[PDB]
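What follows is a deposited structure in which one can find ergotamine.
For this chain, numbers begin at 1 and follow the sequence in order. Note that these values count all heavy atoms, side chains included, but never hydrogens, waters or copies made by symmetry. Just so you know, ligand 1 is whichever comes first in the structure, and atom 1 is the first atom listed for that ligand. According to its header, the structure was obtained by X-ray crystallography, 3.0 Å.
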Amino acid sequence: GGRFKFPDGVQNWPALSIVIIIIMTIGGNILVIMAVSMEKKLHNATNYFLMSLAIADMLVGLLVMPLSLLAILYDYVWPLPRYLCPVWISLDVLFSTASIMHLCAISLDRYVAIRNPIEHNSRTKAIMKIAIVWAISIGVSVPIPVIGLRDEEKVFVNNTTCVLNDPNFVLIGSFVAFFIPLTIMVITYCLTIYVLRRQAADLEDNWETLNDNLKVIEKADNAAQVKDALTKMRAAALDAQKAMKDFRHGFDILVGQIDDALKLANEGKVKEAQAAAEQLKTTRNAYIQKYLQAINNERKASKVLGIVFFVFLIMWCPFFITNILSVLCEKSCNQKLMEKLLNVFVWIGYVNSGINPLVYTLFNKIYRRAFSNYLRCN
Ligand SMILES: CN1C[C@H](C(=O)N[C@]2(C)O[C@@]3(O)[C@@H]4CCCN4C(=O)[C@H](Cc4ccccc4)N3C2=O)C=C2c3cccc4[nH]cc(c34)C[C@H]21
């Protein structure tokens, strides 16, 4: 009666339990799609892009993970019809790349928004980005149907197991789908953290000059000395202002005290100006806390960026690196262990798709309360 498998030919039940992570991925992104849909605040362009990413990652857990689970259930013997594997593999390359490409764009956008925060029809650009991202991924995926259709031996080999059999594609696909985006995310990340640290140093330097000039005002006795030190603060305040409205307004109201004290410093006596430097001391200490919460925001952003980039490396690097070694190293490297590692590094890349939502909820207050409400509402 032929050679059957399903629904009881399962050879590995311990692997079945791994469904747990699958259930987390599908729902994890659904909550994001809910947040961007229900919440009025999350109708921002960048959030629509996170939704697109969520669509990519959700489809990974929806269409790629379950079929890889069946593959493990039957000890890597394809139980489904033959035509359904090249379909599976192509989807694997598609959504996985879409996930990567999306992540790369997020890095780029975050750099621009950090460099020149003056940015705010605004949706047409986001639509343009989503389209381009999905267009590139499709390009990376179309070789699968092409190669598979023009030769059956290249998708599954022993009339049993289904695995890529074209080393040229593996090299190219890996190089263009991961290593080029990786290079962009490396340089991008480095520039972003550089800009961030430079902005922090600027605020700290402006605050130091505001203190040092006050000390030397209380110190010396020359009316022109008070004039010089008292004028250098006016610039240090105007420069720190352009670097939360109560803070810039604090620099604006203390500037007025620098005007009064500077008027009484040239035509008046040094003692009265030094007495005005006291009122300046108090107006500075009034906002010393708002200065600390500003620099704290700087260090917070630095940590979040370092996390997301680190996670991306830890997740996708093992697969693609070993994938490269498995093709271009056909002798020196151990091949049996290579397959043993790749089998796990594949699902590590999968887990990244489920980590992305869990990442953008741990740090955003709106997503935290949005998730905490979607889980308890139903
Ligand atoms: C996670 N997903 C997995 C998928 C894949 O390899 N899936 C199979 C089914 O799993 C293997 O790794 C297994 C594990 C152990 C032995 N295996 C192999 O030998 C061959 C790889 C290989 C072929 C020839 C020579 C050396 C190595 N495998 C396979 O075909 C390809 C991906 C990919 C390749 C290229 C560009 C890409 N963009 C996004 C992606 C992607 C997503 C990304």
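- The main binding partner of ergotamine (ligand 1) here is, in the terms of UniProt, 5-hydroxytryptamine receptor 2C.
- Numbering the transmembrane segments of chain A from the N terminus per UniProt gives, for a heavy atom under 4.0 Å from ergotamine (ligand 1), the result 3, 5, 6, 7.
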